[PDB]
Enquirer: 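Below is a deposited model of Retinoic acid receptor RXR-alpha with Targretin as ligand.
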Amino acid sequence: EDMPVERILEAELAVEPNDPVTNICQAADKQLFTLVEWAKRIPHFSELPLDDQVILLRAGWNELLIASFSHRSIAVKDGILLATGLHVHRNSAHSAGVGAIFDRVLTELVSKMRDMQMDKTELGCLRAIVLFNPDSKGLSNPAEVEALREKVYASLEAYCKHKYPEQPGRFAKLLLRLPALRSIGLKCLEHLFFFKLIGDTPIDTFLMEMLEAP
Amino acid sequence: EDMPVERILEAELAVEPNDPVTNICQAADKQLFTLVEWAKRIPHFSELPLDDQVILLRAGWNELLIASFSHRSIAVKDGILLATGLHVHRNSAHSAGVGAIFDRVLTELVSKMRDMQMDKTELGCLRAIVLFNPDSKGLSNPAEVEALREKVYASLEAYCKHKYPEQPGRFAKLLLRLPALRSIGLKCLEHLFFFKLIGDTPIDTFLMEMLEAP
Amino acid sequence: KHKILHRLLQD
Amino acid sequence: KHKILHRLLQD
Ligand SMILES: C=C(c1ccc(C(=O)O)cc1)c1cc2c(cc1C)C(C)(C)CCC2(C)C
Ligand SMILES: C=C(c1ccc(C(=O)O)cc1)c1cc2c(cc1C)C(C)(C)CCC2(C)C
């Protein structure tokens, strides 16, 4: 209870008003501060113990951001729109050594969100589900985190069907993008760690912190 | 249409009647031959072009097998039951250098399938969904693969709720184990590749083939 | 390539 | 550890 899709949508709206790799990294760092604010706007998130709020954010920040800029790029032809309002095209990503992962973002996420015309309410519920990941290690009470996740997709399921009566399977379709998001989020992390190791590519404070241990 | 849960269940039943790493690998190789037979029993799978049947199997074999032995181990305390009828306990996996990934299997998959008492029909539909992965690269007609996937979870959704009226969110719960399956399947692949590289650990012909390129 | 896989699918 | 994250959550 007390997990309405109206609150989630508001959250999504309340936050988002020369090297391409360095640009994408600065946008990520900038979006991390906003991500925290976003999470606080998701009902019940703040009522959880601070220790679990840290685990959930550190555990899902990457997928939370990939999902956001992906939906934001729905109007971009072959590229993505960065928080800094700057663009990154397929060719530019390819010329930076990250062509493969960039394309997976376009094919598995961006293009798909556009084809099904995923709305901001659906995106928010998806992100809230990711946020409330009960598999996160360290959680003091993985039970409550699981309870929250269930309420999110429950309100989402109701939102769907009602908003899209012609599409009985729209709900399941949404959830089925999560496996791709997990995989793509994991590949993004491997890249980042390598970048940090090498030394090149400027990495801001907040983004650097997420790459810390554990 | 023509994607009944009765056919899927049958498929699940029609197939499954000293180094722990070497034992798990031999069980995997043995299960790969059966996996192919299993897939042929899933309606429409065989009607797809041979080229896509290869892509879908090579793309999801790992998650298909992880999901099978996980559900088979539902009765095991802290370990898993191998196709060879042999057991592998948590401590034994730890003493082999794969404690972490093994535990993730127990916590994110096995223990969860048991808590919700996932039945064989649910497992089969889940595996069929994984099998029909439209994100697989190379697919000649990713559209039809997507159509098949939709019919699977559609019949699953109907199976659920009806079989479990008290659990409105059981369906979504099932689909939400797929992200963990993806992640755990990916980690399993990294291990295997390393094993192959090193040279130790006997790897049978079929399992060796899956580790080929692309 | 993919010898085994093709043979099993075809039969 | 996790300096930044804690400070932002607390405020
Ligand atoms: C998580 C990423 C991210 C997060 C937020 C934004 C944003 O602009 O909102 C952009 C990018 C991100 C995404 C990527 C990257 C690096 C990062 C930091 C690299 C690995 C540089 C290229 C591949 C993709 C595009 C997936
Ligand atoms: C895909 C695996 C697999 C597949 C099928 C079975 C089976 O007995 O049915 C057992 C194991 C598998 C699973 C694992 C492994 C290796 C393999 C080949 C290693 C990496 C050896 C340990 C971690 C886990 C248990 C996830």
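Protein chains get the first letters and strands the later ones, always in sequence-line order, with residue 1 at the start of each. One-based numbering, in listed order, for ligands and for the atoms of each. Per deposition record, X-ray crystallography, 2.1 Å.
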Enquirer: Identify all other chains that place a heavy atom less than 4.0 Å from Targretin (ligand 1).
Expert: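 The other chains with a heavy atom that near are A.
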Enquirer: Write out the residues of other chains lying under 4.0 Å from Targretin (ligand 1), heavy atoms counted.
Expert: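 The binding site of Targretin (ligand 1) (heavy atoms) is A:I24, A:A27, A:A28, A:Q31, A:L65, A:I66, A:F69, A:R72, A:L82, A:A83, A:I101, A:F102, A:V105, A:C188, A:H191, A:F195.
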Enquirer: Quick one: look up the protein heavy atom nearest atom 18 (C) of Targretin (ligand 1) and list residue, atom name and how far away it is.
Expert: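 Ranking protein heavy atoms by distance from atom 18 (C) of Targretin (ligand 1), first comes A:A28 CB, 3.4 Å.
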Enquirer: Measure the distance from atom 20 (C) of Targretin (ligand 1) to every protein heavy atom, then report the residue, atom name and distance (to 0.1 Å) of the closest one.
Expert: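 Here the closest protein heavy atom is A:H191 CB, 3.7 Å.
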Enquirer: Per UniProt domain annotation, where in chain A do most residues contacting Targretin (ligand 1) sit?
Expert: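 Per UniProt, it's NR LBD.
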Enquirer: Which UniProt 9-cis-retinoate-binding residues in chain A pass a heavy-atom distance cut-off of 4.0 Å to Targretin (ligand 1)?
Expert: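 Counting heavy atoms against the UniProt list, it comes to A:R72, A:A83.
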Enquirer: Tell me which protein heavy atom sits closest to atom 8 (O) of Targretin (ligand 1), plus the residue, atom name and distance to 0.1 Å.
Expert: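 That would be A:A83 N, 3.0 Å.
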Enquirer: Can you help me out: which residue and atom, if any, share a covalent bond with Targretin (ligand 1)?
Expert: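 Covalent bond: none modeled.
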Enquirer: For atom 10 (C) of Targretin (ligand 1), what is the nearest protein heavy atom, given as residue, atom name and distance?
Expert: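 Protein heavy atom with the smallest distance to atom 10 (C) of Targretin (ligand 1): A:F69 CD2, 3.4 Å.
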Enquirer: Give the atoms of Targretin (ligand 1), by number and element, whose distance to some non-hydrogen atom of A:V105 is under 4.0 Å.
Expert: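 This gives 26 (C) as the contact atoms.
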Enquirer: Which all-trans-retinoate-binding residues that UniProt annotates in chain A are found with a heavy atom under 4.0 Å from Targretin (ligand 1)?
Expert: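 UniProt-annotated residues with a heavy atom under 4.0 Å: A:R72, A:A83.
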Enquirer: Can you find a protein heavy atom closer to atom 24 (C) of Targretin (ligand 1) than 4.0 Å?
Expert: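 So atom 24 (C) of Targretin (ligand 1) lacks protein heavy-atom neighbours under 4.0 Å.
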Enquirer: Please list the nearest protein heavy atom to atom 19 (C) of Targretin (ligand 1) with its residue and the distance rounded to 0.1 Å.
Expert: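 Ranking protein heavy atoms by distance from atom 19 (C) of Targretin (ligand 1), first comes A:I24 CG2, 4.5 Å.
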